[PDB]
4 protein chains.
Amino acid sequence: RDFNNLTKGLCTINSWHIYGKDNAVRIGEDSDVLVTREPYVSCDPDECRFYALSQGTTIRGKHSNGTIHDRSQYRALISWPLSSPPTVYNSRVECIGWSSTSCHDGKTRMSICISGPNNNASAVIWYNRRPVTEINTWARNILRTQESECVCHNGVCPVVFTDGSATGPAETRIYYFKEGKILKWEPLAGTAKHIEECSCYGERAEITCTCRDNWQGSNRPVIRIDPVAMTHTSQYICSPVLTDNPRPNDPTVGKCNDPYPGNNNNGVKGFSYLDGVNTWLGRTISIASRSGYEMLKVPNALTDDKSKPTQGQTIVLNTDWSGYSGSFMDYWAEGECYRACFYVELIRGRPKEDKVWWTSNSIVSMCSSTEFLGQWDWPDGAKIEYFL
Amino acid sequence: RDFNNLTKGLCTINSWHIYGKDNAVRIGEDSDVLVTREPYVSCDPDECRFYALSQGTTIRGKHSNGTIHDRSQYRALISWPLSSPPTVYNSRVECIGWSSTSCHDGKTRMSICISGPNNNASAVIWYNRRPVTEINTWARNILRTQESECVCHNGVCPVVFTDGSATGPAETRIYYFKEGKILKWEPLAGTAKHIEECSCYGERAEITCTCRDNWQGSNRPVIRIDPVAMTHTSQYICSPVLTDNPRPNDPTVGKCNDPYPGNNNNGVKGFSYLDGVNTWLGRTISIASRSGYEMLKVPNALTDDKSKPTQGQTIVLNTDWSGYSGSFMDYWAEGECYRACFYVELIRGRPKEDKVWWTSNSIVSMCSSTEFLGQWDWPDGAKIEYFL
Amino acid sequence: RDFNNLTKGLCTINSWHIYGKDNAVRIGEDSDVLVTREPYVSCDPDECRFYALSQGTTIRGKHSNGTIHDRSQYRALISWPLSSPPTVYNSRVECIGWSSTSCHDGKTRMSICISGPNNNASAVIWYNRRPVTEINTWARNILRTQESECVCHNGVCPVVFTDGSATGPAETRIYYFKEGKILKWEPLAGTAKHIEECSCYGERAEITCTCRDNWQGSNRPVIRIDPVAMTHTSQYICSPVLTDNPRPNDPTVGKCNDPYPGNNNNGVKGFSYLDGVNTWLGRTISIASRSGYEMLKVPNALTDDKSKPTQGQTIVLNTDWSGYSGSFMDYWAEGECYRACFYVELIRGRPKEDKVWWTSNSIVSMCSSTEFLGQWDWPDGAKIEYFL
Amino acid sequence: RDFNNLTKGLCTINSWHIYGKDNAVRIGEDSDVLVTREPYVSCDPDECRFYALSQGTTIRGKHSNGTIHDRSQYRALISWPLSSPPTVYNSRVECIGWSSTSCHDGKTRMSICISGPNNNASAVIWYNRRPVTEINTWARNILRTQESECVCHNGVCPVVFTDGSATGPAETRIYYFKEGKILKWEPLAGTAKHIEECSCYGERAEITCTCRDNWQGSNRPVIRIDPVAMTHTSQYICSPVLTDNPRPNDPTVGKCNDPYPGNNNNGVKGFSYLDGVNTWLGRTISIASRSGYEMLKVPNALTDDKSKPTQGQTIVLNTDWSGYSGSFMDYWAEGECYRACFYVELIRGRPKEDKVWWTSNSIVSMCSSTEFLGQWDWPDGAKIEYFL
Ligand SMILES: *[C@@H]1O[C@H](CO)[C@@H](O[C@@H]2O[C@H](CO)[C@@H](O[C@@H]3O[C@H](CO)[C@@H](O)[C@H](O[C@H]4O[C@H](CO)[C@@H](O)[C@H](O)[C@@H]4O[C@H]4O[C@H](CO)[C@@H](O)[C@H](O)[C@@H]4O[C@H]4O[C@H](CO)[C@@H](O)[C@H](O)[C@@H]4O)[C@@H]3O)[C@H](O)[C@H]2NC(C)=O)[C@H](O)[C@H]1NC(C)=O
Ligand SMILES: *[C@@H]1O[C@H](CO)[C@@H](O[C@@H]2O[C@H](CO)[C@@H](O[C@@H]3O[C@H](CO)[C@@H](O)[C@H](O[C@H]4O[C@H](CO)[C@@H](O)[C@H](O)[C@@H]4O[C@H]4O[C@H](CO)[C@@H](O)[C@H](O)[C@@H]4O[C@H]4O[C@H](CO)[C@@H](O)[C@H](O)[C@@H]4O)[C@@H]3O)[C@H](O)[C@H]2NC(C)=O)[C@H](O)[C@H]1NC(C)=O
Ligand SMILES: *[C@@H]1O[C@H](CO)[C@@H](O[C@@H]2O[C@H](CO)[C@@H](O[C@@H]3O[C@H](CO)[C@@H](O)[C@H](O[C@H]4O[C@H](CO)[C@@H](O)[C@H](O)[C@@H]4O[C@H]4O[C@H](CO)[C@@H](O)[C@H](O)[C@@H]4O[C@H]4O[C@H](CO)[C@@H](O)[C@H](O)[C@@H]4O)[C@@H]3O)[C@H](O)[C@H]2NC(C)=O)[C@H](O)[C@H]1NC(C)=O
Ligand SMILES: *[C@@H]1O[C@H](CO)[C@@H](O[C@@H]2O[C@H](CO)[C@@H](O[C@@H]3O[C@H](CO)[C@@H](O)[C@H](O[C@H]4O[C@H](CO)[C@@H](O)[C@H](O)[C@@H]4O[C@H]4O[C@H](CO)[C@@H](O)[C@H](O)[C@@H]4O[C@H]4O[C@H](CO)[C@@H](O)[C@H](O)[C@@H]4O)[C@@H]3O)[C@H](O)[C@H]2NC(C)=O)[C@H](O)[C@H]1NC(C)=O
Ligand SMILES: CC(=O)N[C@H]1[C@H]([C@H](O)[C@H](O)CO)OC(C(=O)O)=C[C@@H]1NC(=N)N
Ligand SMILES: CC(=O)N[C@H]1[C@H]([C@H](O)[C@H](O)CO)OC(C(=O)O)=C[C@@H]1NC(=N)N
Ligand SMILES: CC(=O)N[C@H]1[C@H]([C@H](O)[C@H](O)CO)OC(C(=O)O)=C[C@@H]1NC(=N)N
Ligand SMILES: CC(=O)N[C@H]1[C@H]([C@H](O)[C@H](O)CO)OC(C(=O)O)=C[C@@H]1NC(=N)N
Ligand SMILES: *[C@@H]1O[C@H](CO)[C@@H](O)[C@H](O)[C@H]1NC(C)=O
Ligand SMILES: *[C@@H]1O[C@H](CO)[C@@H](O)[C@H](O)[C@H]1NC(C)=O
Ligand SMILES: *[C@@H]1O[C@H](CO)[C@@H](O)[C@H](O)[C@H]1NC(C)=O
Ligand SMILES: *[C@@H]1O[C@H](CO)[C@@H](O)[C@H](O)[C@H]1NC(C)=O
Ligand SMILES: *[C@@H]1O[C@H](CO)[C@@H](O)[C@H](O)[C@H]1NC(C)=O
Ligand SMILES: *[C@@H]1O[C@H](CO)[C@@H](O)[C@H](O)[C@H]1NC(C)=O
Ligand SMILES: *[C@@H]1O[C@H](CO)[C@@H](O)[C@H](O)[C@H]1NC(C)=O
Ligand SMILES: *[C@@H]1O[C@H](CO)[C@@H](O)[C@H](O)[C@H]1NC(C)=O
Ligand SMILES: [Ca+2]
Ligand SMILES: [Ca+2]
Ligand SMILES: [Ca+2]
Ligand SMILES: [Ca+2]
């Protein structure tokens, strides 16, 4: 109908309830399930779907060998029904590429896929399932984007791109699209030193993204965007509760405008909901690998450099593999407020489980509840020995 | 369009005709069929679908090993087209959980799934395919529900929940939902001592549920609900024709307000249509196991403590496995009256057929006819030896 | 919209062109294709679909063993997209049964399935995908019907049923349904001695059915129905070109009101288009088995007891297996006349190819052309050796 | 709604971006993917789909043996969702045949399939998924058509057919269809000596087709059609940049009205966009086999007999297999101009890779961009050794 506007604030998050789980690897042991990674969830006004970057082969197929690799001509952004596994027969291809983002503006959906060699990549913006705009690499070093949904307000959908070094200063740009066309783009501003894979959500006409500083920060950079004025700023989450991975152990005081040192040249896509005392951070339990997953309520984490957890919820036990995580919300649900949601990618295979030659994942997603619900852990559930 | 109202009475049931049969296990021997249990049937104004609790694996898949277990993070309520098998590719996930119920109110469908650890479970109510309300465990002992469809009248859909001991007194509540929100809830009232897995239907603005007394009764408890006043009462079916399983042999006189003794701490979900002389009871033929299935016309079974069968129909021969059974009706069919229907779960595998390591089922469903139709038996049809 | 009326006459048939072919057995050698038999084609106002009686198992599945049998609790009438194979995932179940018919009346579709033991079978009439009417066996000896589409005119859809002996006089009835309800039924009238599996079509407010006299005729009985007056009559096709199978060799003069002797207690479902000089008969090439298939133009075959072919078209070579054949037309196609069509069931497996333990089929269908098109043969295409 | 009219001109082509890729062979190694060849892409006003000629078997199925053959009764024109593989379960059959074309006129789609023996073939024209017109062979020697989409203007859709010798003069006709009926047909006019498999596109009320001279030309014939006047003419592309295969090496000067000699009795379907200086030609890199694929900007290639490349883009490396290629455009996309697109068939198996007994393909498609995007190569991606 008309363009969606971010007119509501976030609901109070007292706990998280189970939303969707596909059990892809369990089912894929004996079904035609596509090998994937970098999944996410995104909603249309009438349906919410699972999304991911396919590797162009099934798990049981011989071409699954070598799927640990990130970029190839055989990947594609695919979407499929909520909680179903990504199968060959029920998956819909959005575009061809090894990095992506996608969001509905209220009228129709925009999907962006980046493909190419490392030094000659390009993004093609699709709108209403047709290619509309193309952007060539500007720093000639792996043009990349969010790997989770973008957000729109009155037709304008900002998207964060990064091109250049992953272990040094790079060139990040914020593009403001409307109906697939570029209205404007800015270079990154603020105090963030490195930006990659931003996880965004919107409320009260403002868009907040929690990204990944791959170069030096263990605390996460944040970009706040004003989609009306088409401007932005960046900083780091102040809290000592560090959320990247790998990372040092938590200190007693954090850093607001500088990366917290400890781990270099590595990280993981993550997210957070920054809403005053209604603030929740997600993170792997392990400080060394993508293992376990928990949510921690850290009041004023964004601005308080000494803030520590007041409540928490374990999503995946530390004995189980996790991976990327990002944010999404059903902006078309009924209600007085936006219910915060998130997904966790559960990676199986290489590099950790090297008895198999593939790398894939399943998905688990939760949304917030105003009740204080009991918790359960949500592992992938596949027994790797069954694949030998 | 508008909320459905239970304005009709039941059609005269002179016999039962075949409605749907999926042959899931036969087909699943060489197809990507999901392992399930606790199935049921539910109608929307334009289509009737099969429902069940998936185990998150196919029958032929290696993860089918251990599917005898009731609760895990890999189960989900799924629905699929009438008489098709529950396949990986044609199944739609309604919600994540190991216990459920679901019903259409005329405008849209409400689905409820309960998940969690035994002592920290929670129910999340979905309406129009979006989560709306959440309820945390109140007795911290396996919060559970119907495992068959609920029923609505002018927007109000009562649902019976039980939390607490399965072998002792528990806390049963009747929740009255409207558009996924809680209007009110009551503690169980009346003479029923234990309630579990209620099978409900509605007619002339009243909802009747035939449940399971797992603790001590071999006769079934009944809950009658008034969805307008939002009140209820309970008692037991008076008839000496006992319908739980396992159970003692039929006596000459039954009990109206007390459980009929004989078997303790066990049972099976079942149902009945209580309509004066137009009363039919369903039951396993075997008094010891979930074997065989028959329908018996027992006039005034609800109030006559000496009532015995006047007519009958064998659905499944005693040499064949049966299982859960419940009620449903197409409230949107044309006609002067509601045609009574029911389904029978046909369990294959463990614990009875222990040569295989899995437990699954197929479904058979019948609806009433005013004609006196000839009978046939409807077994699962799978030869277990084919799975070794 | 409104009920369809048979207001047109048949187009001139100068030859036949290929309409649909599913190659089910070829594809089913390595795909989840259901085992079937007794297929047919039927159109809705917006789509034409393939129909058949499933055996409730795939061809490669172990339960395919024994599918030569006609009646069991595992059969169901299924429909699927034109020219696709009947797969587990794309097939829609219309009803449960081992004998059927189905037709669209312009508003919605009626499907009838008969199930039961030989001496206690029953038909349940579905309309708009809901059961509406049920009919119990009247002669207690395999209640059976058309096995191809029925035809409607202004809401009235006659259907021919037969109950009783297949090798002696039986009780045939013509039921006139409207919206799934019985308006009236008649006992068979005219000179036909035995009727089974009628293949019907309609034109200019009259319905013609070419059936099978299993008892003694090698010439086919014909039933002409007036759907307005709801009356009918029957006779045999006069032509010496015999069309049942098995059958004696063609004589020089046929029989109009008596069965032509030669073969007893056997036959095959077939059809014909009887339209004065625009008359075409279909038949197996072999007089001994269901092998080969050809169409022969035999002017005035219905009334001329000496009529012989004036033109012909080979559909399946005598070295290839054929089987049942029946008529259907797209009554909703644009145009001044109804284009005659037909399908041929291509049976593979038992009893002829006994190296395999199953029996299944694929389908080929053609429609008429006013051009004189070149001919090609259309075999099943599967190599049985590939299934050992 | 209404018939589409070719009112726009072509967008400026500065480079090509990736549009769709199905990775059919990679996925088909362990999925129910149909064996195909002769693919193409065609758009409806609301969706663009992949099309191809099925061989009626899956790649892994035993019937894939011998699929190198061109014509059989088991082929069919099938369509499926963009970038998905052609699977047994998601493919839609358009018609039965071993040669085809198809296009949407704005209101509905016309599909044409030719089937038959070499000396008695026939084309049946389908419109709105119903057969409407039939044309019998005129030269009795493999009646054949485009093997890529046709184009319409105000309801009129010209289609080029060829019947007769492939190594000598043949009879080519241009049929002008409207709603599936023949308005008129012409014999080939102009200087082209042999025409086969025309690849067409339209702009500013004119339709241009780049075909294949199988008899003697290494330069391609071109047919320009005026769909309003229903007339046409033909010539050869003047440029010395030869685009058929096999072919001699490029000369310094080409031929405008004669075939350029060098290779006899062979070729490959190809295409070009002829638009003054905005002219791009596609061709295999290899002059000997269907290997590699590149696009070359050759200003005024159609009329300048000395024109040479000014820019280029490699699509498939010469070390990778290619095959047929053709044109298509989304005439229903928003915008001021028509964005040129094309597809490349990537043949795997026989005759080049003879370790397997089958022949199939996958598809890659690109559309033009006004940006100068970086290039990447797009191979099939399957490792043949995995099929042994
Ligand atoms: C029924 O359901 C309800 C709902 O779930 C259950 O109640 C919930 O129970 C939770 C578990 O106790 C409880 O969560 C905890 O809440 C406290 C705040 O009250 C929070 O501090 C906890 O978080 C710390 O502890 C966990 C381990 O338990 C750590 O993994 C987590 O990261 C937090 O500790 C780490 O970070 C802190 C901040 O920097 C450090 O101070 C601390 O030393 C520790 O640091 C180390 O570990 C880090 C991670 O490995 C590492 O990075 C760092 O470098 C150090 O090495 C936790 O969230 C819920 O609040 C509670 N919910 C409610 C409503 O009550 C109930 O029990 C269930 N019933 C039953 C029977 O189970
Ligand atoms: C063509 O089709 C028609 C339609 O189906 C056929 O006619 C039908 O035929 C049915 C079979 O005879 C007939 O059903 C029977 O009807 C009588 C009432 O008239 C009913 O009592 C029968 O039910 C008892 O018998 C069956 C065994 O046959 C038991 O399984 C059942 O539970 C009933 O008996 C048990 O419960 C009773 C009540 O307490 C006890 O009195 C009795 O002793 C017995 O108890 C033991 O068994 C129990 C179960 O194991 C156990 O719990 C208990 O503790 C004891 O150990 C049955 O329903 C239909 O009424 C009839 N329909 C019509 C319209 O006529 C026709 O025959 C078909 N034609 C052909 C050739 O087959
Ligand atoms: C390009 O395409 C066109 C279009 O197809 C081709 O032209 C067509 O060619 C057809 C083949 O010649 C031709 O069909 C024939 O037409 C004649 C009438 O003109 C018709 O009689 C033929 O039918 C008899 O013959 C076939 C065997 O060829 C039999 O199978 C068939 O049943 C008919 O014969 C049997 O029945 C008769 C009637 O009772 C008996 O008189 C006769 O003896 C025979 O009886 C025995 O066989 C029976 C079946 O086994 C058995 O029951 C009985 O008891 C006896 O044992 C046939 O239809 C088309 O008419 C013609 N079409 C046109 C428009 O011209 C053209 O050739 C193609 N080009 C090339 C190069 O192939
Ligand atoms: C990042 O991305 C951009 C965009 O892709 C990259 O820039 C592009 O780079 C391309 C590669 O250099 C460049 O394409 C070339 O452009 C020139 C015109 O400037 C064009 O002539 C080239 O085409 C010839 O060369 C290729 C081999 O490289 C041949 O395969 C091709 O057919 C052309 O040569 C043949 O035909 C000519 C005409 O007849 C003959 O003169 C010539 O001798 C040769 O003939 C032989 O080969 C034929 C084919 O086998 C055979 O039939 C014949 O008989 C003879 O045997 C080519 O298209 C793009 O123009 C350029 N794009 C832009 C916007 O700049 C950039 O490099 C990327 N960055 C990095 C680091 O890679
Ligand atoms: C464009 C690209 O390849 N992005 C990478 C990403 C990247 O390596 C880091 O952010 C550092 O630059 O890391 C990872 C990762 O698992 O850490 C997966 C992403 N894979 C894919 N998006 N395909
Ligand atoms: C919540 C739960 O696990 N319910 C159980 C149910 C339960 O054990 C009895 O009612 C006694 O409490 O029994 C059975 C059963 O087969 O008897 C299956 C149900 N399984 C599932 N709903 N998953
Ligand atoms: C109801 C029934 O079983 N009908 C039979 C039919 C029947 O045997 C003859 O007409 C003689 O009565 O023959 C055959 C047959 O192949 O000849 C298949 C049918 N199979 C099925 N409809 N399932
Ligand atoms: C009708 C027909 O069979 N056309 C052939 C085509 C033909 O051989 C040449 O154009 C010369 O006539 O060549 C080829 C080919 O790969 O070269 C495939 C086509 N295959 C199919 N369309 N099925
Ligand atoms: C969003 O706001 C604009 C005006 O700012 C309005 O045109 C549009 O309709 C609004 N969207 C919705 C969904 O109401
Ligand atoms: C996978 O590929 C590697 C590298 O090509 C090879 O060594 C290994 O054996 C392969 N594993 C399997 C299961 O094919
Ligand atoms: C149900 O009853 C209410 C009034 O009690 C009415 O608003 C509603 O439309 C009725 N439902 C239907 C389907 O007529
Ligand atoms: C199933 O699992 C059990 C317990 O882990 C094991 O003993 C058994 O061998 C397994 N059966 C199969 C067929 O894998
Ligand atoms: C069929 O005829 C009846 C009147 O005899 C009419 O009501 C109906 O609309 C007609 N059907 C169509 C499709 O026109
Ligand atoms: C099929 O079943 C028969 C009879 O039960 C048996 O003899 C035969 O061996 C079976 N064939 C196969 C392939 O299982
Ligand atoms: C195409 O042109 C004709 C008149 O020449 C017009 O009737 C038709 O509507 C036009 N098509 C569109 C899509 O506007
Ligand atoms: C394929 O068929 C040929 C010819 O019939 C035969 O020689 C060859 O062995 C077959 N190949 C396979 C893999 O079946
Ligand atoms: Ca980092
Ligand atoms: Ca009990
Ligand atoms: Ca006969
Ligand atoms: Ca050539």
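Lettering of chains follows the sequences in order, A, B, ..., and the numbering in each one begins at 1. Computation of the quantities below employed the complete heavy-atom set of this structure, encompassing side-chain atoms and omitting hydrogens, waters and symmetry-equivalent molecules. Just follow the structure's listing: the first ligand is 1, and inside any ligand the first atom is 1.
- The drug at ligand 5 is zanamivir.
- The chain forming the most contacts with zanamivir (ligand 5) in this entry appears in the PDB entry as neuraminidase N9.
- Every other chain with a heavy atom under 4.0 Å from zanamivir (ligand 5) is listed here: A.
- Taking a 4.0 Å cut-off on heavy atoms, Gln55(A) fails to register as neighbouring zanamivir (ligand 5).
- Within the set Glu197(A), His69(A), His194(A), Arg212(A), the minimum heavy-atom distance to atom 4 (N) of zanamivir (ligand 5) is found for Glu197(A).
- Residue contact check: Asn214(A) has heavy atoms under 4.0 Å from atoms 11 (C) of zanamivir (ligand 5).
- Residues of chain A that UniProt annotates as binding substrate and that have a non-hydrogen atom under 4.0 Å from zanamivir (ligand 5): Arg37(A), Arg71(A), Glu196(A), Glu197(A), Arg212(A), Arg290(A).
- Only the side chain of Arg290(A) comes within 4.0 Å of zanamivir (ligand 5), judged by heavy-atom distances.
- Proximity of atom 11 (C) of zanamivir (ligand 5) to the protein is indicated by at least one non-hydrogen atom lying closer than 4.0 angstrom.
- No covalent bond joins zanamivir (ligand 5) to a chain.
- Distance screen at 4.0 Å: atom 8 (O) of zanamivir (ligand 5) has no protein heavy-atom neighbour inside the cut-off.
- Near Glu196(A), the atoms of zanamivir (ligand 5) lying under 4.0 angstrom from a non-hydrogen atom of the residue are 9 (C), 10 (O), 11 (C), 12 (O).
- Binding site of zanamivir (ligand 5) at 4.0 Å, heavy atoms: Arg37(A), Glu38(A), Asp70(A), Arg71(A), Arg75(A), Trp98(A), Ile142(A), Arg144(A), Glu147(A), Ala166(A), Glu196(A), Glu197(A), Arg212(A), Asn214(A), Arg290(A), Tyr324(A).
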